[PDB]
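Okay, structure first, notes after.
Protein chains get the first letters and strands the later ones, always in sequence-line order, with residue 1 at the start of each. Looks like X-ray crystallography, 2.8 Å, at least that's what the header says.
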Amino acid sequence: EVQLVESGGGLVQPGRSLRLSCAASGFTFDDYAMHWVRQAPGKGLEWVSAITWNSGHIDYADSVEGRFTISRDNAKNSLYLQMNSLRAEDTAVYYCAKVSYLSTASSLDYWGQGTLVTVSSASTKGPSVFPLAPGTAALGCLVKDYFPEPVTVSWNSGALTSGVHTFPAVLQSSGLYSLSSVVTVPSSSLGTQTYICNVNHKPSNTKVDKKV
Amino acid sequence: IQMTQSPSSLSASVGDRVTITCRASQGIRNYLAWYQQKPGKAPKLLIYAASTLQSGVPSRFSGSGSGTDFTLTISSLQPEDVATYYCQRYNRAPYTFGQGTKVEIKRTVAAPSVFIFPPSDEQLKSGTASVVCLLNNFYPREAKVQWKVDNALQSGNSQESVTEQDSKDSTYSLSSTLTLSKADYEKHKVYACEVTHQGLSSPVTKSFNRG
């Protein structure tokens, strides 16, 4: 159980700053170089910044240089990224990664799940969630008009895995996103077993169990 | 410092031998690594030191190269290998990545299953109508969804969304959403999605009544 848990992402306005944190456990953190890599949405991996075990040497991607400041607290066993003067295309999922061997001349051998950072002067708006009701049958939930991403959606408190499809969100005219999650279940149920989509949109701090 | 890969994309069949190249702009000896990223997940390390496998990684991933020219080979493409692969220089700063290589899979053509959903009454209360059409577990990606309201073709008012390619059976899924206000939605009876796909000798059409 090696672990790297990022935190600190969210909505931030153009020009402003964010501090990303990354908590390390499993391995001996004090001993390794660490990296920050990021990915815009649907775009490719981009390396950002690296720092050695003892903060002795730092490196930045021309692409930040004078805006981002990598650092670490070997006592707290934690890694940081201070991001400043943000712009729309600093918008991305940001990962911390551990280095495989000793040396910075080593591959990244483990990466966190990452945190989304969204750079935008639009306010958060929580979704409204609507039921989509109907051999096999299909049902689902329509998760409409929310900002920013992500929302997550499980069915029956995670009990229901087979047959689930959660579609990528689409940006609407309005400037908000829309989602739809669905499941396929026997037509025979329905009037027997109950179905519940559990939506959670943190940035707005709302949960809804819509109950189809 | 650039890293370039080709192809940027490739389809191939289960069993096939896939080849991905990576060209460093300046001699990196063997400080090269290969990463796979499945859609939804975080990247895994497959190969390092140009040709060394990460532990627990299946042998069918193979790497060769030295200097500037490098190659990832997957020699028996399995359905779980659908992802995007990235090379990375790590001899020195910058620790730059290639552009990525999406790899998509086989397969024999498969028909969608089409379902229709009206807008819930809790939503017309809200002031607007969303009609949703669902295409399920088909291949290939290509699919045409024509909406029809009182047999009227409908244009400029649907959005679409495709799930990424299933790891198990190599299929896609589509949802289409027809949005129109309570004004128009109350004005008609028959809403319908005509679905057109290669796995269907004729189009299939789902529909419902009320409004």
Task: Drug identity - chains A and B - done: adalimumab
- [ ] Tell me what the entry calls chain A.
- [x] Adalimumab Heavy Chain
Open item on the list: Help me out: what name goes with chain B in this entry?
Closed with: Adalimumab Light Chain
